[PDB]
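Take a look at the structure below.
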Amino acid sequence: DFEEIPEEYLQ
Amino acid sequence: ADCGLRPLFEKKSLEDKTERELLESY
Amino acid sequence: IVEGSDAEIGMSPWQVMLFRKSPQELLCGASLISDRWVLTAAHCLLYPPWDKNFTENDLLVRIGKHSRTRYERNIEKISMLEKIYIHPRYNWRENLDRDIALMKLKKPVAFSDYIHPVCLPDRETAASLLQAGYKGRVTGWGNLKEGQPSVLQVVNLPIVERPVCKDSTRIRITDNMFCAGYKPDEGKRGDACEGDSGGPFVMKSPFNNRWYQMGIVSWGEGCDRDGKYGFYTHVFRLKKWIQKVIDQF
Ligand SMILES: Cc1cnc(NCC(F)(F)c2ccccc2)c(=O)n1CC(=O)NCCONC(=N)N
């Protein structure tokens, strides 16, 4: 449902 | 120090669509 | 928010979204009170009866947003947490007394047209504005009914007399709480709801035109039931704990 955020932030 | 003054409203002296309702109840 | 409206862009530049890393989902609202500090409800981080016990590394804060689900490139800032502080005497066992937490961001966030901290009230501001009948404003991306909005929702609600708040529920009310909402005969509606928790209840001071955060969306029985009211953490009553945490850490 939520658009993916930049990968780095999930780091 | 600059708290609670919105760049797109207070700072430009524009009012949002329903802030009047708040001030009136006071 | 139930029976609210779409916010306007820039309407609540202090509004913060607590966002879960995995699964990626909306946890709560929160509010930006400086370049480095975010204010929210303790029950957003810690609530053992639902096995909720999040730490610094489980969450992201998203500042500057309007859309609930888009990644608002060039507009929103996403920050990581350095530390979470929960009020030592937060009563999750009984009535959510002292429902408050502070969050310290890893790095300061740059203010913009869409990002800007709300004021904390001082004693005189609180005494003047915190009054039955006076309206405040609540914002959030939470549930529309007791389904989910595409943009930030807003609703303005009157503060309700304490005896009426007490007489609406079996829950023990304390001085650290107030309730707000329309009464059943007033013929207007609205309330916060799930996913609105930790959001700011704000009033605009008539004396200096500034926005002040008086409450934090805390708890309710259902959402927008007649004869029930939203409860809010009383920010000024806990302000000493807030100042203590901030200039110590
Ligand atoms: C964490 C949580 C648990 N219980 C909720 N409401 C049920 C209750 F009223 F019976 C209750 C039970 C224990 C302690 C206090 C109250 C409750 O509302 N929460 C927090 C949460 O659900 N808040 C979402 C915003 O809800 N507030 C409004 N309905 N305006």
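The chains referred to below are lettered A, B, ... by the order of the sequence lines, with proteins before strands, and numbering in each begins at 1. When a ligand or atom number is given, it counts from 1 through the structure's own listing order. Structure determined by X-ray crystallography, 2.2 Å.
Going by UniProt, the chain with the most contacts to ligand 1 here is Thrombin heavy chain. The drug seen at ligand 1 is recorded under the name RWJ-671818. Other chains within a heavy-atom distance below 4.0 Å of RWJ-671818 are, by letter, C.
In this structure, chain C contacts RWJ-671818 chiefly via UniProt domain Peptidase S1.
Checked by distance only, RWJ-671818 and C:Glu94 stay at 3.5 Å or farther apart across all their nitrogen or oxygen atoms. Near C:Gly222, with a cut-off below 4.0 Å to any heavy atom, the atoms of RWJ-671818 are 29 (N). In this structure, atom 2 (C) of RWJ-671818 has a protein heavy-atom contact shorter than 4.0 Å. Of the polar atoms of C:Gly230, none of the N or O atoms is found under 3.5 Å from an N or O of RWJ-671818, judged by distance alone. Residue C:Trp50 has at least one heavy-atom neighbour below 4.0 Å for each of these atoms of RWJ-671818: 2 (C), 3 (C). Checking only distances, C:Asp191 does come within under 3.5 Å of RWJ-671818, N or O to N or O.
In this comparison of C:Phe231, C:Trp219, C:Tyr232, C:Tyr229, the heavy atom closest to atom 27 (N) of RWJ-671818 sits on C:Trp219. Considering C:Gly220, C:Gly29, C:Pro49, C:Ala41 only, the shortest heavy-atom separation from atom 18 (O) of RWJ-671818 involves C:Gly220.
Counting the atoms of RWJ-671818 from 1 in the order shown, those under 4.0 Å from a heavy atom of C:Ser197 are 21 (C), 23 (N), 24 (C), 25 (C). Result for chain C and RWJ-671818: the nearest UniProt active-site residue and heavy-atom distance (1 Å) are C:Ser197, 3 Å.
Between C:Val138, C:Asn143, C:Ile1, C:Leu96, it is C:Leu96 that holds the heavy atom closest to atom 19 (N) of RWJ-671818. Ligand-side atoms of RWJ-671818 in range of C:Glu221: 9 (F), range being under 4.0 angstrom from any heavy atom.
Nearest to atom 25 (C) of RWJ-671818 by heavy atom, out of C:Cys193, C:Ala192, C:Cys223, is C:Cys193. Within the structure, the closest approach of C:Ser218 to RWJ-671818 falls below 4.0 Å when heavy atoms are considered. Any N or O atom pair closer than 3.5 Å counts here, and C:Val217 shares no such pair with RWJ-671818. For RWJ-671818, the atoms lying closer than 4.0 Å to a non-hydrogen atom of C:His43 are 1 (C), 20 (C), 21 (C), 23 (N). Near RWJ-671818, within 4.0 Å on a heavy-atom basis, the structure shows C:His43, C:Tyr47, C:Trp50, C:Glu94, C:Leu96, C:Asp191, C:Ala192, C:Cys193, C:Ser197, C:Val217, C:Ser218, C:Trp219, C:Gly220, C:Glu221, C:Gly222, C:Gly230.
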